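The next PDB entry has dolutegravir among its components.
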Amino acid sequence: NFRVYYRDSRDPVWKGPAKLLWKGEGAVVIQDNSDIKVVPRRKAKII
Amino acid sequence: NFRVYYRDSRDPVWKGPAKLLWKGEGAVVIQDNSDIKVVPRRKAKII
Amino acid sequence: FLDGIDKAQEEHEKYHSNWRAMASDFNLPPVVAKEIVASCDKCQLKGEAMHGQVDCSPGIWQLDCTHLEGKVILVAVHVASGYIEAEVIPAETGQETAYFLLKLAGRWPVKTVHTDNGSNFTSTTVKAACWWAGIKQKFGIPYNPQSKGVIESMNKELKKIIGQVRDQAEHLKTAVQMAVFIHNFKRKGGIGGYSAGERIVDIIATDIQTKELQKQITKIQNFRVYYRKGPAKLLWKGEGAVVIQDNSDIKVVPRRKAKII
Amino acid sequence: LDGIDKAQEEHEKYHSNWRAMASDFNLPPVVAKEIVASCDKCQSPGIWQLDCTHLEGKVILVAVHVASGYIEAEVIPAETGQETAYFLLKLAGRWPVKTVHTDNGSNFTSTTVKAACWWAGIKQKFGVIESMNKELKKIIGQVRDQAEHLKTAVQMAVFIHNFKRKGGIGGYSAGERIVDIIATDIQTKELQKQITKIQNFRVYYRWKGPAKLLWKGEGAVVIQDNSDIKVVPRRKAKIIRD
Amino acid sequence: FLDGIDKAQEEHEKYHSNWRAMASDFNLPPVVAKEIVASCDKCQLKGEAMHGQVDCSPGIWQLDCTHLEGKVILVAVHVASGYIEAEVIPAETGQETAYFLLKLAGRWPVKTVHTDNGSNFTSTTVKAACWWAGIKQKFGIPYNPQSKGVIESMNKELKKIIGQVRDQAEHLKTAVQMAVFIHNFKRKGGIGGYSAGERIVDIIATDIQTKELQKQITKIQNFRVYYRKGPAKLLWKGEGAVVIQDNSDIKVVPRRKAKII
Amino acid sequence: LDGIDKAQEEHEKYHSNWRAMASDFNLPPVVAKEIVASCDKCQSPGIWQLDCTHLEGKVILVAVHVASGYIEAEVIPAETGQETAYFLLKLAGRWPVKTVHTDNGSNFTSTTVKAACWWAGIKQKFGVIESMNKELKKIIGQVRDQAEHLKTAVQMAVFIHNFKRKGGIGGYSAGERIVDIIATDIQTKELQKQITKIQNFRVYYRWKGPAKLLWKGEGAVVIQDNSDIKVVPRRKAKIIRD
Amino acid sequence: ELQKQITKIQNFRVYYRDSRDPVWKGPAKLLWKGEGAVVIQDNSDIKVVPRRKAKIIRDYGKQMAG
Amino acid sequence: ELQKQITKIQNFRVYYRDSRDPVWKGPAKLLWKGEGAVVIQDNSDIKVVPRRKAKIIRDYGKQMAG
DNA sequence: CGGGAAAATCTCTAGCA
DNA sequence: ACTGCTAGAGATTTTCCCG
DNA sequence: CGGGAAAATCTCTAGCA
DNA sequence: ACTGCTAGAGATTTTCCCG
Ligand SMILES: C[C@@H]1CCO[C@H]2Cn3cc(C(=O)NCc4ccc(F)cc4F)c(=O)c(O)c3C(=O)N12
Ligand SMILES: C[C@@H]1CCO[C@H]2Cn3cc(C(=O)NCc4ccc(F)cc4F)c(=O)c(O)c3C(=O)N12
Ligand SMILES: [Mg+2]
Ligand SMILES: [Mg+2]
Ligand SMILES: [Mg+2]
Ligand SMILES: [Mg+2]
Ligand SMILES: [Zn+2]
Ligand SMILES: [Zn+2]
């Protein structure tokens with residue numbers, strides 16, 4: 001599996017780790033504490 | 001001679017034409033109605 | 001360096017050293033230093049250094065609102081051509097957005113709309129209007145104007161032309177319509193040296209024409225190809241290459257090891 | 001190139017147009033247009049028709065692209081020159097509008113409508129609009145119950161007419177037809193541009209007299225001398241501007 | 001096209017058409033279309049698409065103030081190395097800026113300072129302090145933070161490290177000093193895989209050493225060179241090339257057509 | 001490479017250090033350091049000295065880099081551990097501070113100063129500082145009239161001492177000297193890194209027994225066998241990790 | 001009959017992009033068109049392109065210049 | 001005497017930029033240094049560089065790895 | 001000389017507000 | 001007469017290690 | 001085949017707020 | 001499961017025009 005770290009939409013603080021649920025060209029889908037979220041790959045890091 | 005057109009520091013409206021007084025790498029020195037001004041070449045156009 | 005990793009760990013627990021500092025100092029391999037930095041949550045602070053690519057299928061429009069002199073200008077762009085349609089509306093409300101979209105879809109073929117999450121767009125009215133006229137609503141990632149870069153740049157350009165012409169009109173709505181005319185027919189460039197109006201006409205006519213031609217080809221050209229595997233429909237062949245579609249998976253294979261029946 | 005004589009024979013047998021030659025025997029469009037223009041015996045997309053309609057005590061402004069029957073309509077607050085002018089300015093910024101045909105009225109014969117027409121480069125001229133207003137009203141009645149305010153029913157009828165009704169030769173919508181007509185018109189204007197570009201030159205070949213330049217390619221130069229199109233190699237010809 | 005230019009002029013007086021639209025439509029040469037656009041004041045709306053380059057001589061520092069949790073952090077960077085010095089001050093005043101600069105110039109060799117035009121920097125106090133310690137004050141173009149890009153990026157980086165360490169300290173000033181330590185000694189990269197502390201030491205020692213070596217060479221190596229022209233001091237020679245300095249104008253000439261005396 | 005024997009003879013004649021060999025006969029520093037380390041008969045930059053001084057009813061914190069005499073000073077509100085710790089944390093983030101030598105006092109022997117020393121990796125130890133405080137006070141008196149508040153005169157005296165006074169061997173400032181000393185120290189730590197890297201390998205050449213790897217180049221491998229440095233071609237040698 | 005269709009499809013110009021390159025790649029040459037993928041010819045190199053990334057035109061213009 | 005000085009100047013590495021390129025150009029080789037211009041050797045190509053654009057170091061770690 | 005692996009170099013982004 | 005930069009994250013291209 | 005001139009292509013920026 | 005873009009301004013590199 002992968003850990004995801006991500007800037008949320010407006011908040012400047014980086015959150016994570018979250019699970020990777022889906023990876024596209026341009027965006028990812030992550031799960032952080034039962035909270036599905038869609039983040040730009042610009043605002044996210046997958047390990 | 002050259003005409004200069006330039007965004008001033010903060011105002012979004014483009015002014016000009018002004019005379020070229022000096023041209024450097026990165027900035028120009030212009031005269032617009034007896035008002036010497038130093039503009040970035042990013043914010044200016046010389047014709 | 002088995003001993004240094006422990007020292008590099010306790011140190012990073014304090015200074016959070018990049019991988020190079022720890023590799024230099026505690027004499028660790030680059031992979032081990034990178035592994036130490038990689039497991040610290042307090043150092044995962046930067047995203048990927050790329051950009052996505054927005055969709056450009058001939059049926060997708062990007063809509064946004066924008067503000068100029070106290071008024072709300074509602075703007076659409078056809079993504080593939082750059083063709084804009086704008087209008088000074090009196091309020092960023094769902095009623096004025098659903099009416100604008102109903103007019104757009106009655107003029108041009110609109111399949112998908114891409115907007116941000118402003119309320120006028122996430123309305124039940126805009127939704128029932130899109131439903132009535134078979135339009136699919138895409139919402140970008142919240143607070144990601146990059147997902148709508150086309151319409152955002154067109155906001156920039158529309159407002160630049162509006163500034164150029166504003167003195168030729170009394171009211172803002174007239175300036176706005178003149179700027180739409182000017183962007184659509186008086187500015188040439190892009191892929192075919194086109195104006196946005198000509199370019200959209202080309203994109204729509206080409207779409208119609210090629211869909212027709214292909215319906216005809218596939219009605220006539222009926223073949224099954226075996227390559228390397230099972231049967232596969234033949235798409236196009238030529239110049240020592242035979243593009244086929246097997247199990248909804250298009251692939252190009254060389255002419256050898258490929259028999260047509 | 002080699003089939004120019006065949007194209008010339010074709011035109012003398014069926015009087016077909018330049019597009020047919022260009023699609024069949026593979027010729028540049030200027031050369032086909034020249035072949036079709038050499039026989040004297042062988043000798044719209046921008047006109048809109050405007051009119052107002054009244055419905056349930058409100059006025060609908062209707063513009064019909066005559067060549068296609070494509071319709072653009074909206075409800076307007078009042079039959080004024082301001083509203084007719086704003087309508088016209090919207091229409092011309094969205095479709096190439098060259099000429100508007102209106103009835104003798106006030107809104108249409110107004111200095112503000114005239115000023116909008118002048119700013120947009122539109123010429124004015126004072127039974128299509130009537131029949132297509134009838135069809136508009138029919139659709140507006142067919143869908144009235146699906147919308148509270150009248151303007152929504154007017155735009156729903158515009159949608160249905162432009163895209164859900166189908167007829168004619170091969171069953172196309174008004175949107176399909178206007179797109180094809182405007183596309184043909186862009187082709188036409190482009191070929192006119194190419195002619196207007198090349199007709200300002202003269203060619204000298206093998207020297208012989210002056211000869212009109214038609215096409216200019218990689219290893220050939222198609223010209224015209226004494227009403228007879230002829231191909232010469234580029235190295236053996238000289239092109240000047242006059 | 002002499003006739004079209006008049007039509008292209010009246011049209012541009014209305015729509016302001018880019019050069020491509022007018023060239024396409026009125027059949028004008030590209031140079032003539034560009035000349036029409038070029039003489040309309042209402043179309044000169046975009047600057048040059050480049051960036052300048054900030055000075056990086058070993059004696060120039062960039063100073064800025066920045067804000068974090070209600071406090072004012074005064075920051076300096078040595079441009080050539082990336083070496084930072086910061087301090088939570090109680091007020092963006094000239095007194096607290098002149099005292100900070102007096103301390104910097106007593107620790108490191110400071111020749112020029114580059115700041116924006118905020119009041120703390122354009123003070124008479126900062127000016128008399130810079131005068132006392134022979135420092136030259138450069139002020140960038142007003143509202144051009146690009147001229148101070150180095151210190152601005154260092155603001156970004158300082159605040160990132162401060163966020164990483166903030167929980168290890170009670171007060172902000174302690175977090176700030178720890179972040180200065182961390183940036184100066186616990187982050188390696190750049191030109192010589194250095195930390196900013198090592199890099200500044202190298203830049204200063206190299207400057208001292210090479211100035212000395214050259215004083216010695218020029219005291220020993222005394223020659224006049226004639227090339228192509230008059231006499232010219234010889235700077236360095238080798239590998240079929242002889243760099244000379246004539247009339248305060250350095251030039252490299254090939255070994256041929258150049259005689260040393 | 002060829003002059004390794006000459007360097008060996010040189011060390012047996014004048015007992016010069018590895019830097020001399022590396023600068024003279026052009027040898028990698030690890031090989032020169034090995035040559036200088038093979039003779040038993042031939043066998044600071046991070047120490048600071050802290051102390052407080054009192055002047056006109058205010059306390060000055062003074063830190064002197066002993067190897068150079070470079071001084072860092074400021075006025076502090078009070079002789080507390082908080083202020084000594086904040087001073088120390090500033091000093092270590094700006095100069096590489098390994099060891100601080102203080103007198104037996106309160107501020108210096110405090111859990112907060114101890115915590116700052118521990119966070120920054122500084123060792124503590126409880127007539128240089130006295131003389132250089134005297135010189136500091138002399139300059140502070142020389143410039144007092146040029147500044148109203150005492151802290152400005154303290155920083156002006158710091159400036160003058162670190163950069164306007166000159167003495168010693170060739171007349172350098174304390175800033176010049178500390179920069180050279182820290183630069184030598186970075187060189188030293190780098191050579192120590194290179195040794196600590198290479199000494200984890202063994203070499204087999206021509207096979208013979210194990211041999212310590214010294215330098216590894218493009219077309220040569222300098223090793224050491226039986227206390228005798230020897231050069232072998234790379235193709236004829238094999239390097240492993242142990 | 002059919003070859004006319006193939007060559008006419010062939011006259012249509014395809015601008016397109018790849019996964020990470022923001023620059024649009026010069027007019028290729030349309031070989032086949034489907035509901036979601038386009039098959040083109042870019043400098044004697046056959047590529048398949050997602051529909052969502054390909055703008056297809058005729059270049060009325062290049063065409064009337066031949 | 002003098003050649004030692006020349007080669008020692010020669011050991012110093014020069015990073016530098018040109019007029020419109022934001023990228024720093026890899027270590028050249030210091031040939032001469034003046035109050036405002038630096039003369040370097042960048043891949044057997046002698047250039048003169050404004051001082052304000054050149055960062056000059058030794059690379060203490062390259063030097064001690066020889 | 002040649003793959004595989006490692007390292008160096010290149011490309012590109014956010015934030016500095 | 002003055003001027004975007006920095007440091008990390010993936011991608012690409014050199015460099016190296018031994019058969 | 002070869003310079004010179006023109007055109008096409010490349011590189012890069014602000015604003016969208 | 002989604003995604004920066006656009007149009008102009010200088011710079012650079014192809015393409016062309018005729019000796
Ligand atoms: C309340 C709705 C919904 C939720 O969010 C807000 C706020 N917002 C902010 C911007 C904006 O920041 N544009 C600057 C920009 C920056 C980068 C880039 F690539 C493109 C760009 F346009 C918009 O454009 C926009 O339409 C909105 C909006 O509509 N809303
Ligand atoms: C009152 C003083 C003097 C006059 O102007 C103001 C306002 N200002 C604004 C920014 C700012 O907008 N930073 C964002 C940014 C954008 C682009 C870029 F390349 C670098 C960047 F930092 C500053 O950083 C800053 O120090 C000030 C300041 O000090 N002042
Ligand atoms: Mg919006
Ligand atoms: Mg927006
Ligand atoms: Mg500031
Ligand atoms: Mg700032
Ligand atoms: Zn960490
Ligand atoms: Zn204009």
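We name chains A, B, ... by the order of the sequence lines, and we start the count at 1 in each one. As a basis for the values below, the full set of heavy atoms in this structure was taken, side chains included, without hydrogen atoms, waters or symmetry mates. Order of appearance sets the numbers: ligands from 1, and atoms from 1 within every ligand.
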Query raised in the report: Which entities in the file belong to dolutegravir, all copies counted?
Result: ligands 1 and 2
Requested in this report: Give, per UniProt, the macromolecule that holds dolutegravir (ligand 2) with the most contacts.
Outcome: Gag-Pol polyprotein
Query raised in the report: Which other chains are in heavy-atom contact with dolutegravir (ligand 2) at under 4.0 Å?
Result: E, I, J
Query raised in the report: Nearest protein heavy-atom contact for atom 10 (C) of dolutegravir (ligand 2): which residue, which atom, what distance?
Result: E/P145 CG, 4.3 Å
Query raised in the report: Where the closest heavy atom to atom 25 (C) of dolutegravir (ligand 2) is concerned, which of E/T66, E/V75, E/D116 has it?
Result: E/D116
Report task. Indicate whether atom 20 (C) of dolutegravir (ligand 2) is within a distance of less than 4.0 angstrom of some protein heavy atom. Result -> yes
Query raised in the report: Counting only heavy atoms on the protein side, is anything nearer than 4.0 Å to atom 8 (N) of dolutegravir (ligand 2)?
Result: no
Requested in this report: Considering only non-hydrogen protein atoms, determine which one is nearest to atom 18 (C) of dolutegravir (ligand 2) and report residue, atom name and distance to 0.1 Å.
Outcome: E/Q146 NE2, 3.9 Å
Query - For E/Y143, the dolutegravir (ligand 2) atoms whose distance to one of its heavy atoms is below 4.0 Å - result: 4 (C), 5 (O)
**Report entry** Contact check: E/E152 vs dolutegravir (ligand 2), nitrogen or oxygen atoms, below 3.5 angstrom
**Finding:** yes
Query raised in the report: Are any other ligands or ions shown closer than 4.0 Å to dolutegravir (ligand 2), and if so, which?
Result: ligand 5 (magnesium ion), ligand 6 (magnesium ion)
Report task. Could you say whether the N/O atoms of E/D64 and dolutegravir (ligand 2) ever approach to under 3.5 Å? Result -> yes
Query - chain E: main UniProt domain in contact with dolutegravir (ligand 2) - result: Integrase catalytic
Query raised in the report: Per the PDB, what's the name of DNA chain I?
Result: DNA (25-MER)
Query raised in the report: Covalent bond partner of dolutegravir (ligand 2): which residue and atom, or none?
Result: none
Query raised in the report: Do protein heavy atoms approach atom 2 (C) of dolutegravir (ligand 2) to less than 4.0 Å?
Result: yes
Query raised in the report: Which dolutegravir (ligand 2) atoms, with their elements, are less than 4.0 angstrom from a heavy-atom of E/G118?
Result: 2 (C), 3 (C)
Query raised in the report: With a cut-off of 4.0 Å on heavy-atom distances, which residues and nucleotides contact dolutegravir (ligand 2)?
Result: E/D64, E/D116, E/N117, E/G118, E/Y143, E/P145, E/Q146, E/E152, I/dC16, I/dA17, J/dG4
